[PDB]
4 protein chains.
Amino acid sequence: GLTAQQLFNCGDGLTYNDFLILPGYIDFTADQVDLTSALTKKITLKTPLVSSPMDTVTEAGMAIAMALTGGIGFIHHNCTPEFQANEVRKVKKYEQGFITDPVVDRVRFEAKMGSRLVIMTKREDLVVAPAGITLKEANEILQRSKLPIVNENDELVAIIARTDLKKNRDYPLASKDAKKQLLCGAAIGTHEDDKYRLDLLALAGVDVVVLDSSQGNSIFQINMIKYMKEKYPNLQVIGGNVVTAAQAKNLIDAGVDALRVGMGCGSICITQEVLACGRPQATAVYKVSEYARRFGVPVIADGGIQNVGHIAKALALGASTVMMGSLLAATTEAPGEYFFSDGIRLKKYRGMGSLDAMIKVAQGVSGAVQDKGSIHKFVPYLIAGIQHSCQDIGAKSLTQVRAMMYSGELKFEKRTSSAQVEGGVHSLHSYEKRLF
Amino acid sequence: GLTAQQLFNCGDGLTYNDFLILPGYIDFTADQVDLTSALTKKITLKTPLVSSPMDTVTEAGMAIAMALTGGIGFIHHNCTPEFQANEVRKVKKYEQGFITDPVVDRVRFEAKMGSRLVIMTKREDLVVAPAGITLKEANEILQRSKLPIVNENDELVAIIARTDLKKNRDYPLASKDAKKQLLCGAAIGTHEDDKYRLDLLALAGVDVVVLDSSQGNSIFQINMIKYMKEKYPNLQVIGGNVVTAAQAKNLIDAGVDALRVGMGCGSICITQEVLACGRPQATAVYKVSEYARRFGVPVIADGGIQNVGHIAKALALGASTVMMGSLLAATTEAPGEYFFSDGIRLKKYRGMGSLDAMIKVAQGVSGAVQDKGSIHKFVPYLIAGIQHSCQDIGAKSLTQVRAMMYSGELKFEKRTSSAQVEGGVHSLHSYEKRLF
Amino acid sequence: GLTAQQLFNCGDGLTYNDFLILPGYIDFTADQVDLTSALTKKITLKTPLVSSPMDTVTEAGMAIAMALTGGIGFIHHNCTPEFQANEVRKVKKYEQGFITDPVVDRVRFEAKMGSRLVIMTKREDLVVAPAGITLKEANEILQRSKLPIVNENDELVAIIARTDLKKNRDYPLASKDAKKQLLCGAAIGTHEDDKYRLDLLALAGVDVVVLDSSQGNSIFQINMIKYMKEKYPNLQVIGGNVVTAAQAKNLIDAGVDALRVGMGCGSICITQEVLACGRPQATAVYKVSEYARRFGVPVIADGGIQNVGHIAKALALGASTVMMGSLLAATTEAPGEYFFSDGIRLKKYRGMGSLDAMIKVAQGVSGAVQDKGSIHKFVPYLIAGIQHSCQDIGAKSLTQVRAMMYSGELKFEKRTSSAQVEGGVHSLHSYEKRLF
Amino acid sequence: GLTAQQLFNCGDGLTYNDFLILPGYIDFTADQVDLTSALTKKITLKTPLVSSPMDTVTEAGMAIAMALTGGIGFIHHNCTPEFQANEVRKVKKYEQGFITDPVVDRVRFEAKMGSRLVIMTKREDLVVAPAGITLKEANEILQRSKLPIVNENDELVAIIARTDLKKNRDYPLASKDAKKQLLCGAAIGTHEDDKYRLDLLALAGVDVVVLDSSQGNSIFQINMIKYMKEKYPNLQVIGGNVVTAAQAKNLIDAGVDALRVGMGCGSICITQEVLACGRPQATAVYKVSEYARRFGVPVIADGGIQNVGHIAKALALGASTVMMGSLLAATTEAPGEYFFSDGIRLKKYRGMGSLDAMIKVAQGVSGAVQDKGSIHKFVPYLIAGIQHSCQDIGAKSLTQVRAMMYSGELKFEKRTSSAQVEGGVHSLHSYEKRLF
Ligand SMILES: *c1nc2c(ncn2[C@@H]2O[C@H](COP(=O)(O)O)[C@@H](O)[C@H]2O)c(=O)[nH]1
Ligand SMILES: *c1nc2c(ncn2[C@@H]2O[C@H](COP(=O)(O)O)[C@@H](O)[C@H]2O)c(=O)[nH]1
Ligand SMILES: *c1nc2c(ncn2[C@@H]2O[C@H](COP(=O)(O)O)[C@@H](O)[C@H]2O)c(=O)[nH]1
Ligand SMILES: *c1nc2c(ncn2[C@@H]2O[C@H](COP(=O)(O)O)[C@@H](O)[C@H]2O)c(=O)[nH]1
Ligand SMILES: COc1c(C)c2c(c(O)c1C/C=C(\C)CCC(=O)O)C(=O)OC2
Ligand SMILES: COc1c(C)c2c(c(O)c1C/C=C(\C)CCC(=O)O)C(=O)OC2
Ligand SMILES: COc1c(C)c2c(c(O)c1C/C=C(\C)CCC(=O)O)C(=O)OC2
Ligand SMILES: COc1c(C)c2c(c(O)c1C/C=C(\C)CCC(=O)O)C(=O)OC2
Ligand SMILES: [K+]
Ligand SMILES: [K+]
Ligand SMILES: [K+]
Ligand SMILES: [K+]
């Protein structure tokens, strides 16, 4: 029975595996737990999940799947500005609803004022829908397949493809923007070159942009932040990797809408070994979030997430969202082809600081992870997992979990190594592990 | 030389392997140590041993063997109410003594008032025994095989099968109820459905019932407790898994006769890894027992028992009884068939939260343990083991061990990892381990 | 720079591998270091080495070799009183000097008053030596082979075999008694039966006797101690295994001449795992020696010695001598035959609490260790090793090492696990280890 | 956020792997970081790198390569004084510039006053250079191959081989002495014999000499130091291995120009295990440097360097330079021939206290390390690695890093074992590691 303030303010250099959250009182069911989380000062998702901007994790496929399930994805920038922007465009155009370009096809089969060819099938035998209706109305109005929206003068003002109404109805947690499109985020560097790439990403319709760096507390990123906030006042920007409040302050002052917290704890990271710099994750998350919260800036616990327990712990310590690399790297929607080794299906996963991904000092390693299946199955599982944890701890929502932790109400307890060994599977001659 | 109060009140998150009990003064022999322990507020066994309510551990066979040796068993509820109740009935009818149903056979060979056929062999050549005698008397009275008990009017009032007098004489530590039957306990859930199952278990003659849950401090279990205490005033109820005094208080207030303490420390448990919730065992046991004792509520140290040292430590820290899963899972009396792998005989052992035992979030794993032989050999061994420990520590009884620990008299000392390595087998090129 | 008092009085439960001794000032050579140590209140050896009383370690061969090199041995009692006593007799008669029985052969070749046949070779052609001379004189007096000692009346008063003068001259560190015989010690239990065995051991000429027990603070051993001190006033007795000052006090009060300190840290020990009782060695040694010293009672650091560093640390913490089991178990002089496994020569080593060595609760395990060669090579090596350690720490003698440690002058420092890893061999692709 | 003073003054016995340096503010690039470091009170290198004086590490080849890249090398003394001195001579004569001996060839092709034959090619057709010019001038003056330097009377005063001007221009970081020669250092013992060897090393032109010992705080080394400072007033001397301020003081008082800090932490070291003496490196480095700095004496962090992180940490804690053995032992320039095992190329690496390198008490082990390539590639890599670390921590130079650490500005944080596990590569099914 120790509070977070007490636990993380003794200088022990703790991490996720070094502690536990003590159970509380249950008076609701796991399915009643709400995971709504703030991605940035203005982006809010239904789940606190985010896919990392890496070669072997996030591209269109992942970004789309992740958005459809309740989270969001960040496309990597280890490609051409053109390619990256196309990946953003694919994601952005995956779901639209009221398509305008192809409806105003252009007018200026169907015979809808102006000269809207979609012509032959005259505007009398065809079903139409008034302007001002909503997607719900739109769906029923033509319960079949193929809906031309008409503006007073009976002029084609828009159209809505049945397929979009399907995707919309199929994914109730979909992270969509004001235009009913799957929101997407992208990662860029801080060199001048990144200004051009940013412009192409802007044109692509990217919603949030993260400045990629192992140590984001620099004059380069600060000025880059200020630039972006100037050129694109509304664009949501996330600050480079930080692990201390002093670093966060500079980026917060520069104008960040959120912070990416984590240094050298990612599965493929050797920065701590090579550069001696970094910080134990659990502590990094608590300290920066505790600070950043006084400025309304969401913290993204980035790195070291090996399972659901970690996710719940990051959130419990102050993080608004959690970013994963390896916990998603082997899913169907991640970049790369599957292969086999010792009868084990694998997909490549490599650190962005690896010589391959990149005198060059390698800060990442290149490996492979075992097949995790589809994001469409895995993410729902993580969502269920997180919910149960909130239940045991007695919290109906992630927002509540933090209040309980900050009020002192939520208690923790350190785990000795024997205690960590006891917490996992032990004393078995053999066993298999499954979760969903 | 550190007291329990000092040791477990520093927030280190200790477990069984993290400490030792310092030896005292010996002025008696190991065989003089008494292990009588309170299972619940009213159930008291000769030993502090209990078999866990799990698919691969407890069914009739185990429950019977465990009772015969001095402990008790809890039948799992991962079966039909009918099946479970039949398992309780088998155990309950294993030993009876004065059988009534078949003696009042019905009257209304032998020719005993009324019309008691057991007829031919007239009541004159046959040996009979008066009503009011005891089992001891009964045994001698017909020193052979096949004893009709007669009520004044020479009317068949009961019978006693020689076989029961045998089982009774063979097992001096047998956990029997007021009717000379092997007591049995069963595990149920907390859903409404469990009320029906409970009723069938009541009819079966179950003696103690444990409410099965990974986090028993809930409104569901509290109300279930209150229900049971109402409907079955005398039934002994044990509260769902708890690890803190605050949780215990709710269940104690709800009316529990004992508490099942343990969360995520069981050999097949992944709850700590998946849900981030739980608590290091040694500490869980000391803290809750220290509290629950002020209300006369026995604590069951449930989980993490890998050997005799653990059992003795749980007891020394405040537990009245100890529940095991893996330490019994491979015995002859446990559910399942034996098989072989690398020339090693094994029997399945799986967590009740495993996908097999059961979106579903797995909290347990499915494995196999190596053959441990019969409960009838293993339990006596654990009993001997525990006794020696009490001797080294200078305690003639489990009751004494707790007094010494609560008075400060009993001392402990933390074990560094090197100290733990030194405590076990080391520096050998090869070795085999045996214990009994 | 931490003193022993500070280091071992924080309740951390440390052991040998958990700390280091910081180097001092060197103004002498390793060969100038003196290891003279008190075995008991009256037995003093040239080295602080002792072989453990175990089936696979100490018998005549070991006891003799160990004495010849500067230490001593304790014969095991897992044999008949006759056998054990014969093992003591073999050791005792290995070296004698002035043999009396065969010289007083009996008188009452050579023609020496009385009728000393050793006859033919008359007392005139034969060289003789006066009574009152010493062994040194004796050696030169007949610089060849085959010396009849003559008493005034020219009567055979004794004889001295050339072979004894050889053994005496060959081993300058030999642990011999007042009669120039290799001293020997033996281990006995505390049951009444041990009184008879003790008597046979007395007749055998045993010099020191250790009462064998895993927990020697008992009324059984206390009374046994008092008995022995009564019956054999001069016999040196060592107290059963203790690890705390409170235990030591009882045995010290009972009249022990030394204490055997150690519980569950021996390579083949499972007492800590099975009985939950014991104590981390380094701490056990410091605490009891710190106490026992106030009564002039030598402490024997028994158990957990895996190498020279451990020996030096035990001594530095207060032990007067060190007892080993595995560090000697595979030498030529130890009981048992050598065999081979994976091309590796081995000799059996088993705990005295193993089922084989012995319901029975096993407290020891049965294994094998790799061939260490002869005690006559290994012990000199340990002696050299210990000497260098004393040099680095700036102590010319074991006696000095303790003064420095008790005065505060000697400093220590805890070793984190990484620090322990760094202290040993690391970062090699492959390597072989040798020491002498 | 803990200062070095706080971190290393709690008695925890920390080492490199036990802590991290928290990142600061970046306002410069990695390539702008300066690694200029003081080898001794008067020797200053461009990099803080030094090759250890060992059989399998440093000989001419290594010493030359190491100097050319920015560091320095110390030739081992496990050879004849003649051999060692020849190794110094090879290194010293590798690069010269203004060669005098062969130019004053002797005078007393070319026809340059006196009788300088280099004769035929008369002094009129040949290009010459005035005395007083510099190497830069010299290079251009004869932009081709084959430059006779002439003194007023047109007398051959010196010569400069084109090859030297090449080596000079190729290696901008070259550690050269006042005579434009690659500086070299050598290791000697402290016995009288070492005085002769020293004399031969003096004649060889050695620049710095390190007194080789595992425990240099001795009367032998102190007097040896005083001797050398007397006989060779200008010679730079480094004090034997020390790990505490008390030891450093004696050697500092004796007159050391630098200190070699480290005891039993070297990859091939078993001194801690065998002699129980030594100290955890990170702590050894901070404590002695913190002291030695008050006397302007540079500390050489010697031992335990397994990678770049360690190097940066040693420097951050107070060391002026870092000495490596295994981190260089398998390079092309190190002594020994390459061989193969399991398809892995290896080169021998052995501790100088190994029986092979040397009753003898082994303090080192004999193994093999995997091929690291050329020093000419590896050292530049370490240089780049160190620079990035300085960048993350916000320091433009090693000198700055220490100021920040001593002022309190630089912060650190302990790493729990889980934190250390998280810091390295984890959660991968497989991976390969590369760095340059
Ligand atoms: C160290 N860290 C690196 C590198 N590339 C990316 N990253 C990071 O780690 C996170 C993924 O870690 P997981 O544990 O797999 O989730 C990424 O989000 C990013 O912060 C690298 O080369 N070295
Ligand atoms: C975690 N714990 C589980 C699960 N099923 C049962 N249990 C528990 O552990 C105890 C057995 O642990 P042992 O160390 O084997 O004695 C059981 O009594 C129960 O508390 C599960 O799926 N996950
Ligand atoms: C535990 N300890 C046992 C047993 N038999 C003997 N001993 C002890 O350990 C010492 C030898 O330990 P090493 O590390 O090998 O030196 C013996 O002197 C004695 O104290 C046993 O069965 N269990
Ligand atoms: C222990 N230490 C030894 C021995 N020979 C040399 N050394 C030392 O270790 C350093 C090299 O360690 P690395 O980790 O490989 O750099 C050398 O500089 C020297 O101090 C020995 O036999 N035992
Ligand atoms: C940039 O991607 C990362 C991130 C996000 C992190 C780390 C890291 O090593 C890399 C790879 C390192 C690279 C590509 C070098 C460029 C740079 O320094 O930004 C880390 O330690 O924590 C977080
Ligand atoms: C119920 O059986 C348990 C018990 C007793 C414990 C744990 C656990 O995971 C399960 C399996 C988890 C299940 C079947 C999910 C249902 C539930 O939540 O009750 C644990 O962590 O500590 C104790
Ligand atoms: C007696 O030999 C030992 C000793 C010396 C020790 C231990 C031990 O287990 C045994 C074997 C245990 C036996 C033979 C049971 C009898 C007894 O209890 O004496 C230990 O834990 O520390 C020291
Ligand atoms: C001398 O080389 C070393 C050094 C530098 C160190 C150690 C060591 O064991 C040896 C080998 C030990 C030898 C050759 C014995 C001679 C001696 O004692 O000097 C160590 O522990 O720290 C540093
Ligand atoms: K990492
Ligand atoms: K577990
Ligand atoms: K042991
Ligand atoms: K080492």
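Note: chain IDs run A, B, ... matching the order in which the sequence lines appear. We number chain A the same way the PDB entry does; the residues here are 17-120, 125-128, 131-134, 150-155, 178-205, 209-420, 437-514, in that order. The PDB entry numbering applies to chain B: residues 17-120, 125-128, 131-134, 150-155, 178-205, 209-420, 437-514, in that order. Numbers in chain C come straight from the PDB entry, and the residues shown are 17-120, 125-128, 131-134, 150-155, 178-205, 209-420, 437-514, in order. Using the numbering of the PDB entry, the residues shown for chain D are 17-120, 125-128, 131-134, 150-155, 178-205, 209-420, 437-514, in order. Note: hydrogens, waters and symmetry copies are ignored here, and every other heavy atom, side chains too, is used. Technique stated in the header: X-ray crystallography, 2.6 Å. Counting starts at 1 for both ligands and their atoms, in listed order.
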**Report entry** Compound at ligand 6; choices ethinylestradiol, deoxycorticosterone, bifonazole, mycophenolic acid
**Finding:** mycophenolic acid
Query raised in the report: In this entry, what is the main binding partner of mycophenolic acid (ligand 6), named as in the PDB entry?
Result: Inosine-5'-Monophosphate Dehydrogenase 2
**Report entry** Contacting chains for mycophenolic acid (ligand 6), heavy atoms below 4.0 Å
**Finding:** B
Query raised in the report: Which protein heavy atom lies closest to atom 14 (C) of mycophenolic acid (ligand 6), and at what distance to 0.1 Å?
Result: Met414(B) O, 3.3 Å
Requested in this report: Number the atoms of mycophenolic acid (ligand 6) from 1 as they appear, then name those within less than 4.0 Å of a heavy atom of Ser275(B), with their elements.
Outcome: 5 (C), 19 (O)
**Report entry** Nearest-contact summary for atom 13 (C) of mycophenolic acid (ligand 6) - protein heavy atom, Å
**Finding:** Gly415(B) CA, 4.0 Å
Query raised in the report: From which organism is chain B, by the entry?
Result: Cricetulus griseus
Report task. Report the nearest protein non-hydrogen atom to atom 1 (C) of mycophenolic acid (ligand 6): residue, atom name, distance rounded to 0.1 Å. Result -> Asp274(B) OD1, 3.6 Å
Report task. Measure from atom 10 (C) of mycophenolic acid (ligand 6) to every heavy atom in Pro69(B), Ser276(B), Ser68(B), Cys327(B) and give the option owning the shortest one. Result -> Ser276(B)
Query raised in the report: Would you say mycophenolic acid (ligand 6) has an N or O under 3.5 Å from any N or O of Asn303(B)?
Result: no
Report task. Measure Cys331(B) to mycophenolic acid (ligand 6) on non-hydrogen atoms and call it side chain, backbone, both or neither using the 4.0 Å cut-off. Result -> side chain
Query raised in the report: Do any UniProt IMP-binding residues in chain B place a non-hydrogen atom less than 4.0 Å from mycophenolic acid (ligand 6), and if so, which?
Result: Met414(B), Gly415(B), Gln441(B)
Requested in this report: Do me a favour and list the nearest non-hydrogen protein atom to atom 9 (O) of mycophenolic acid (ligand 6) with residue, atom name and distance?
Outcome: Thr333(B) OG1, 2.7 Å
Query - Cut-off 4.0 Å: ligands and ions near mycophenolic acid (ligand 6) - result: ligand 2 (inosinic acid)
Query raised in the report: Less than 3.5 Å between some nitrogen or oxygen of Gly326(B) and one of mycophenolic acid (ligand 6), yes or no?
Result: yes
Query raised in the report: Going by the atom numbers of mycophenolic acid (ligand 6), which of them fall below 4.0 Å from some non-hydrogen atom of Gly324(B)?
Result: 22 (O), 23 (C)
Query - For atom 15 (C) of mycophenolic acid (ligand 6), the protein heavy atom that lies nearest, with its residue and separation - result: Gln441(B) OE1, 3.5 Å
Query - UniProt K(+) binding residues in chain B within less than 4.0 Å of mycophenolic acid (ligand 6), heavy atoms - result: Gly326(B), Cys331(B)
Query raised in the report: What are the neighbouring residues of mycophenolic acid (ligand 6) within 4.0 Å, counting only heavy atoms?
Result: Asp274(B), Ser275(B), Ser276(B), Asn303(B), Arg322(B), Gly324(B), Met325(B), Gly326(B), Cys331(B), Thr333(B), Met414(B), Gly415(B), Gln441(B)
